[PDB]
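The following structure holds SSR504734.
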Amino acid sequence: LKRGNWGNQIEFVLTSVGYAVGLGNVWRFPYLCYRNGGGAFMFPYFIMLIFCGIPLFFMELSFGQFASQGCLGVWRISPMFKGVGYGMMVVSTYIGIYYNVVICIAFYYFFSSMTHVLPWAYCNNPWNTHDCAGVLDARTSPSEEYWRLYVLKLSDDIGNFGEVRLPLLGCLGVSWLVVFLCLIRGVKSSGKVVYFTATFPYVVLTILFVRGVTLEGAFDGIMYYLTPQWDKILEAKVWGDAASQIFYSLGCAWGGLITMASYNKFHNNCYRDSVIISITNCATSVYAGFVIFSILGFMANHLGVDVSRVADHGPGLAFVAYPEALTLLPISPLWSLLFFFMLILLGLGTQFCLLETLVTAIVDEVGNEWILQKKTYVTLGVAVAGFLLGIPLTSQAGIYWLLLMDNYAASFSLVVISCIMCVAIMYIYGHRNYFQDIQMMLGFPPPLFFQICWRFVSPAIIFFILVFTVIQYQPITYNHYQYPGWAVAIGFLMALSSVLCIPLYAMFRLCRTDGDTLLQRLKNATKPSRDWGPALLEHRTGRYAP
Ligand SMILES: O=C(N[C@H](c1ccccc1)[C@H]1CCCCN1)c1cccc(C(F)(F)F)c1Cl
Ligand SMILES: [Cl-]
Ligand code: NA
Ligand code: NA
């Protein structure tokens, strides 16, 4: 009755843009483009986005908006399959715990960059070794030694915690305080903040791109980026890497979209917004690639090498590679400040949803007016429980546990959840009723291109992603470190804490549904319950209730 709505469509579009666009469009996409084809990777990138990225986004947005419920209350089409919803909250917990620990290396670097001389420029600090060979000395760069010997003192084993790094506990406190203070009212509070932490990164990117373009030696760094190698598109690996990147980057099956769309009005165009956001998210990765590769080309020119020795994948690029290249520009503590501010803003627009997704559930599932008057207390209850649970990741052996949670927990549990949820709404509920349900909202039948892509093509692409992820599984390794057996076992058990919630809840539900034959018990608890439909009595007309 008092759930509330957004108020402006611009708020919803900006919030979704800031939630989908995260840190995966800055360090992941450029390296993939450089490695897998060059300028010929965009053909598999933009062909597997039309047939796999837009249909899934549209289906999730239309599913969330119809029944004005979060990621846990929309499963009234088949109450037995509610284990999928509980699978969307476990994974969103993991991505809500280790994401704030990445915010130290953006906050700590930002706070340590307010100096007239960058601390990682010259190799004369007492924490250095004999291999300080760099470029700015008046092979080991003096940004890697700072990264692994002063910011975090890396140990020699995953189970070798030595002490908690207090400067990192400081960021975690500050960051959780900011996250809680920015969600003090929810929709009426975050909706007015996304006007800032969704657009400033574009200004920062434009400034950095201009500086890179006018910089000498940059045109040789953009040629390697987008020169076509058409041979690569003839392989199956390139078509298997352009399907996983689209699926993961769009933010599919973490919840969020189903809980953002739950606040929209009933008669809202879910087709225009499903295309605008999808195109905007995929049009930022190219710009980020340009920005990164211009300065990388300048760096390679300065050290007089081909651009193959100065390319890094993840945290080794944003903290070991890019900062080591910004130190050659005239006014470095300003470009570094802007870059780390952009990283902080990019990583902070996603954490808002990962806290509001878990609050909306716990609020609506219980069901009361007492749980609505004290939503801020609930929001504080989850923030202080994500700070105590993220302390072990700030110790000496923090990087080891950081990479084991992003490669096992939220790696293939997401693909399984989406595949099952596709089957649940298409062939169990019925693909002939969902089309009429969507037509009731949009006002026109879905385009024919979307009916053939929702029943045959997209599930096939999901199956292809699932199969390709199994044939190309290798044990996780960090640099030359080899993870022991117990770490792999812990990671596998972590990955089994989300996809194992579907069979258990199904058994629990069918162990209490009154029936005679198991086929009849399966027949029940799989039909829409008598609460499926619009939440307002003014919209219920025709097929759904008198
Ligand atoms: O950004 C990262 N993964 C993203 C992701 C998205 C969704 C879920 C999980 C992970 C990628 C996955 C692949 C497709 C594009 N998005 C990443 C990479 C290396 C190290 C780290 C660290 F160290 F911070 F954990 C991270 Cl967080
Ligand atoms: Cl991407
Ligand atoms: Na983001
Ligand atoms: Na992302």
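All residue numbers given for chain A refer to the PDB entry; the residues shown span 44-181, 207-614 in order. Counting convention: from 1, in listed order, for ligands and their atoms alike.
All instances of SSR504734 are found at ligand 1. Structurally, the greatest contact with SSR504734 is made by what UniProt calls Sodium- and chloride-dependent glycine transporter 1.
Covalent bonding of SSR504734, as deposited, involves no chain atom. Heavy atom under 4.0 Å from SSR504734, chain A, UniProt transmembrane numbering from the N terminus: segments 1, 3, 6, 9, 10. The set of residues with a heavy atom less than 4.0 Å from SSR504734 is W70, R71, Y141, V145, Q313, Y316, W322, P383, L470, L471, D474, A478.
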